[PDB]
Asks: 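Have a look at this one.
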Amino acid sequence: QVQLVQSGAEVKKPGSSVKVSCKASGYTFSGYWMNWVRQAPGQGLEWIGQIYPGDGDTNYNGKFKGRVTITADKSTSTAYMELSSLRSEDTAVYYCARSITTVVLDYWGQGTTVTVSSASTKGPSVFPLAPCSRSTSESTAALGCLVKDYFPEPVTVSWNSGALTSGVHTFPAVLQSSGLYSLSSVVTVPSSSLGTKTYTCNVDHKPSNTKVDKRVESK
Amino acid sequence: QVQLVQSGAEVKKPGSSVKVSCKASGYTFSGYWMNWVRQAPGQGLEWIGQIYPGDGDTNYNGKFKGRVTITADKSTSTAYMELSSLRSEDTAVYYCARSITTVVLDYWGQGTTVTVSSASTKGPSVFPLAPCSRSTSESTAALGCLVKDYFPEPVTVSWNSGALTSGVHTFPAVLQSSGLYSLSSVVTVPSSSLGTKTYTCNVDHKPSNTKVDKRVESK
Amino acid sequence: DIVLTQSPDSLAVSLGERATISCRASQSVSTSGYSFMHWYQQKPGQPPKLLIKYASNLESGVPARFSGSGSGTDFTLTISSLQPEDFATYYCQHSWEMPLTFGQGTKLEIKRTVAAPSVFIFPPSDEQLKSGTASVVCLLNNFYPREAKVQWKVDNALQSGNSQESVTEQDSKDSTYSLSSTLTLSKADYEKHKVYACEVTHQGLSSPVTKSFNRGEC
Amino acid sequence: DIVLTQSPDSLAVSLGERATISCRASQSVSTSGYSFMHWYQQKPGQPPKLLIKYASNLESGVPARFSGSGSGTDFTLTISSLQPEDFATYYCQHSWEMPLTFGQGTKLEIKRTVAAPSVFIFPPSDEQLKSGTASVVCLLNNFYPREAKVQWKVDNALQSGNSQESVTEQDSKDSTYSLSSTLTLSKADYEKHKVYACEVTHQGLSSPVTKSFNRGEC
Amino acid sequence: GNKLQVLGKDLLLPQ
Amino acid sequence: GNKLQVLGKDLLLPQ
């Protein structure tokens with residue numbers, strides 16, 4: 001029952017240091033190489049380095065040597081990766097992964113999101129997406145919410161407190177030139193029951209402890 | 001008040017002819033010599049010839065004889081200059097001007113631009129001018145738009161729909177060997193405003209009904 | 001450092017058909033009859049999962065429709081009779097030397113029939129205008145394939161540089177995409193223009209579809 | 001025909017100072033006490049305006065700081081106390097015979113203190129590269145005087161015959177110039193080289209300034 | 001209403 | 001457990 005459990009998401013400013021944890025279960029932690037593999041959009045998979053926890057031996061990718069330190073605590077069966085002098089190119093999902101003697105990675109942790117940015121925590125503004133006027137020639141209408149200018153990821157959006165899931169599209173966030181994120185969430189609804197049924201987006205941005213419910217309707 | 005009003009800009013192909021008109025008001029058109037003058041870059045001002053509309057008498061500059069005809073219509077107080085078998089070097093501004101007994105040119109028309117070219121009407125392609133990276137060190141940054149491969153002149157460029165005028169430089173068009181024009185428009189702005197303020201060039205080429213708005217920023 | 005280059009970057013294949021994905025190494029990774037190349041499968045929100053070891057040896061539980069081949073610098077992963085659970089991103093990895101390196105990944109998507117987008121436009125809210133910005137949103141709902149062109153026009157001027165697109169993953173039920181395009185303007189720029197339009201070109205549309213509104217009527 | 005040669009071709013005078021423009025005729029244009037020479041002023045976008053008739057007679061409405069003198073082959077236009085509205089090109093014209101001829105013009109501009117250019121380089125856009133051409137632009141902003149040398153280097157090779165320059169007229173507020181130099185390459189040529197640089201020489205710079213970028217790093 | 005154009009060459013002596 | 005890591009280049013020659 002090999003299980004690798006990583007520490008939680010982290011947000012860092014440029015120049016700082018991040019330290020990700022990986023708790024192992026179900027094998028002799030001291031006897032298997034532990035690797036660090038990071039994944040960012042467009043950058044494939046990057047093998048950071050490895051440590052053999054038994055004797056602390058390490059091998060690093062020369063691309064990172066002198067900037068990453070990989071360590072291991074045998075008493076707590078935990079491996080660590082410190083990426084010092086962090087920069088906006090080190091934003092990625094960081095995985096730990098057990099490997100075997102044939103040098104394949106056969107068990108993986110769930111990943112740790114690491115965001116590095118000079119932005120500060122900020123809860124979203126939530127604006128309605130509704131048609132200019134209510135159409136009475138179309139049998140469906142689209143409604144939505146724009147969740148704008150928040151940091152960091154993530155935000156969650158539901159509709160009607162979870163009672164409306166069919167036809168919901170919540171788009172991936174985009175990073176704006178301001179350093180803040182934005183996304184929209186949309187849903188298609190029957191025109192024939194508009195103005196008697198309500199449609200409310202429920203937005204939760206836990207990093208800022210911000211929750212908003214926005215009832216959406218054409219004015 | 002004496003006024004000379006000339007016909008509008010002309011774009012002609014080589015081999016064609018053009019007849020420019022000059023409408024006189026505010027005086028007795030038949031009693032004064034009416035002259036035509038050419039102004040091209042690099043050739044200063046050149047006197048083409050003149051007509052006395054009272055009796056149709058003409059005098060021509062020998063440099064233009066056989067290719068220009070000056071006429072007058074007393075009934076509408078209009079003088080005319082017809083250039084035959086146009087060549088690219090006939091591209092110029094043409095003025096009509098009244099002269100007096102002392103052989104000075106005391107009142108002038110507003111000028112008629114004649115462009116002679118084998119090129120055909122074409123709207124521009126617009127491209128951003130943005131620094132490779134957003135520099136830190138400098139407190140001033142430049143952005144711009146390259147307005148490339150259009151015919152004929154002119155294009156208009158504004159910034160932020162006319163709200164941004166300070167620090168804007170829109171360069172004179174250059175004629176490329178293709179026969180199409182190109183120019184750039186640039187603006188300098190505080191580096192601190194990048195990312196917090198938007199800069200958009202608004203390009204209009206009326207001869208082709210081309211209108212574009214382009215927000216400019218680096219990657 | 002060994003560079004692994006996969007081809008194609010993405011591929012759409014119909015259910016029940018055969019997919020072929022390639023990995024080319026910058027140097028040979030074969031010796032003594034063994035190829036030191038391996039394949040992983042990764043689905044969104046999950047880590048990669050080891051599928052094939054030493055170019056051709058299926059891991060336990062991997063169905064027989066999967067296979068791998070090749071030697072030296074060139075390797076191939078093949079999946080016949082594609083099942084819904086097979087659509088994923090696939091990565092190659094060598095174990096020739098340190099450092100370990102991976103391919104850039106090949107995303108295998110479901111090819112389905114053409115579906116035209118349903119297009120909607122949304123004006124900026126008065127609430128957002130209070131804060132000094134105007135976001136105009138164009139929605140393309142439930143279309144296939146992914147290729148679509150969204151062109152913003154503001155009083156007939158073609159816009160560029162001031163919009164951003166976001167796209168969903170393939171829908172689990174109908175395998176379509178949905179897309180948002182968001183035009184962002186200062187309130188000052190927004191109030192200087194009247195007609196806001198998004199024009200959508202897609203294979204499923206016989207001619208482009210335009211949705212528009214006039215500022216000050218919403 | 002009579003040839004009228006003005007001196008200098010371009011003249012920069014400080015506000016409030018005296019400007020002196022000369023016109024030499026290829027033959028005398030004076031007889032019986034008459035001098036058949038006249039002066040015009042032209043601003044961009046406007047026709048010439050008669051200022052002085054018969055060498056020394058101011059037209060109605062012309063300010064008294066203008067005066068003309070001379071006889072025979074040599075004539076002088078003097079402005080005793082330059083005002084901003086005097087920035088223009090000035091032309092002499094004879095009335096000795098047909099054909100009337102004009103001097104080549106003297107462009108009178110405002111002298112100010114030396115100002116070094118701010119230099120900026122812009123790479124070609126990815127959008128343009130799609131089309132098979134690469135334009136690289138070098139901007140020299142707000143400098144004085146007008147003379148400036150701009151040289152393009154591509155992988156340290158001096159470029160010739162593939163660039164064009166454009167310059168603004170003197171700015172009405174700060175009396176400076178700005179200049180653009182555009183280097184045009186085929187996409188094929190552009191992709192075969194790495195370092196793109198423009199080198200600017202100007203009297204306000206202690207030594208030449210180079211701005212550059214490396215292809216594929218923007 | 002005057003066609004006259006005074007040109008300097010016409011004032012020369014001898015005529 | 002086991003510390004072995006089989007890397008293909010280790011199976012070449014000369015060592």
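By convention in this document, chain letters (A, B, ...) are assigned in the order of the sequence lines, proteins followed by strands, and residues within each chain are numbered from 1. For the numbers below, each heavy atom of this structure counts, side chains included, while hydrogens, waters and symmetry mates do not. If you check the header, you will see the structure was determined by X-ray crystallography, 1.6 Å.
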Asks: Not sure I'm reading this right - what drug is at chains A and C?
Replies: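 PDB records name it magacizumab.
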Asks: I keep wondering which chain grabs magacizumab (chains A and C) the most here. What name does the PDB entry give it?
Replies: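 Per the PDB entry, the chief partner is LRG1 epitope.
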Asks: Which other chains are in heavy-atom contact (under 4.5 Å) with magacizumab (chains A and C)?
Replies: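 Going by non-hydrogen atoms, B, F.
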Asks: What's the entry got as the organism for chain F?
Replies: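 By the entry, that would be Homo sapiens.
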Asks: Which name has the entry assigned to chain B?
Replies: Magacizumab heavy chain
Asks: Which chain of magacizumab (chains A and C) outnumbers the rest in heavy-atom pairs under 4.5 Å with chain F?
Replies: chain A
